[PDB]
Novice: 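This file holds Protease with saquinavir bound.
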There are 2 protein chains.
Amino acid sequence: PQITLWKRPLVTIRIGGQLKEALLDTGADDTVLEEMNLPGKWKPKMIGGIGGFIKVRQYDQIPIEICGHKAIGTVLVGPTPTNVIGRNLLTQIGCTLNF
Amino acid sequence: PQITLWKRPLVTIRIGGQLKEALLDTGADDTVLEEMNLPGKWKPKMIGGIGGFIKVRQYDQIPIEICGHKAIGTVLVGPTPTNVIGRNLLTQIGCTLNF
Ligand SMILES: CC(C)(C)NC(=O)[C@@H]1C[C@@H]2CCCC[C@@H]2CN1C[C@@H](O)[C@H](Cc1ccccc1)NC(=O)[C@H](CC(N)=O)NC(=O)c1ccc2ccccc2n1
């Protein structure tokens, strides 16, 4: 589908048996999700952005469905005010920017 | 043009009569550029990102050429890791997400 940018590009995602709203973010290298108790091993990581860095937990090979499109990859979990779908997953669902 | 996301979506912009590189970011509501001198008066403002809030200078009605396309809107200048072109300007050039 085609998504206009008049409003934040929020879509429904499915991860770890849960439905959430997430922001399609072409400006994010990674996918960062709100704090959630996912099972499995994780490794500590530090990621940054505008106001500085935050500590997050890195989970690998997590199945995730974005707007009905299946994907699988690395997700970072931490204290973020919003769920962000970064380029690592956007490329998997064939997402492109057009103008 | 159609831009894939395997690499960061960086484009060249011309502003204040000078060239710079910026990121086309669908996740950003506003446009934030690295510290630089811009004609006109500015107003102190604060914006939040991942990591926290920062103090920026707000310049209104600034003309900016993005990859050959003209736009005129609000631009925020402050201590940012990279130049980000947000939705306020992306909408002006007719940018959309597609998959
Ligand atoms: C620019 C501003 C208007 C303030 N908006 C935002 O920052 C909003 C805020 C929203 C609410 C909080 C959670 C994030 C979302 C999306 N972001 C947009 C969002 O696109 C933002 C843009 C950006 C890119 C690079 C540097 C700074 C800022 N990206 C990010 O925050 C992603 C997060 C990540 N690790 O994937 N950062 C990076 O992709 C990234 C890349 C290289 C870097 C080098 C040095 C330091 C930091 C670096 N961060």
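Per chain, numbering begins at 1; letters A, B, ... match sequence-line order. The analysis underlying the following values was restricted to heavy atoms, covering all of them including side chains, and did not include hydrogens, waters or symmetry mates. Whatever order the structure lists them in is the order used to number ligands and atoms, beginning at 1. According to its header, this structure was worked out by X-ray crystallography, 2.0 Å.
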Novice: Help me out: which other chains have any heavy atom nearer than 4.0 Å to saquinavir?
Specialist: A, B
Novice: Would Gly27(A) count as a polar contact of saquinavir, with the cut-off being nitrogen or oxygen pairs under 3.5 Å?
Specialist: yes
Novice: Below 4.0 angstrom, counting only protein heavy atoms, does anything approach atom 11 (C) of saquinavir?
Specialist: yes
Novice: Using a strict 4.0 Å cut-off to heavy atoms of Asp25(B), name the atoms of saquinavir that fall inside it.
Specialist: 18 (C), 19 (C), 20 (O), 21 (C), 22 (C)
Novice: I'd like to check which saquinavir atoms, numbered from 1 as shown, lie under 4.0 Å from a non-hydrogen atom of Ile47(A).
Specialist: 35 (N)
Novice: Nearest to atom 26 (C) of saquinavir, what protein heavy atom do you find, and at what distance?
Specialist: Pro81(B) CB, 3.8 Å
Novice: With a cut-off of 4.0 Å, which atoms of saquinavir are near a heavy atom of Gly48(B)?
Specialist: 4 (C)
Novice: Using a plain distance cutoff, I'd like to know if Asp29(A) has any nitrogen or oxygen under 3.5 Å from a nitrogen or oxygen of saquinavir.
Specialist: yes
Novice: Only heavy atoms of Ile50(A), strictly under 4.0 Å: list the atoms of saquinavir that pass.
Specialist: 1 (C), 4 (C), 7 (O), 27 (C), 28 (C)
Novice: Are any of the N/O atoms on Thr80(A), whether in the backbone or the side chain, positioned under 3.5 angstrom from an N/O atom of saquinavir?
Specialist: no
Novice: Report yes or no: does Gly86(A) have a heavy atom closer than 4.0 Å to saquinavir?
Specialist: no
Novice: Among protein heavy atoms, which lies nearest atom 23 (C) of saquinavir, and at what distance?
Specialist: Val84(B) CG2, 4.0 Å
Novice: Please state whether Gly51(A) comes within less than 4.0 angstrom of saquinavir, counting heavy atoms only.
Specialist: no
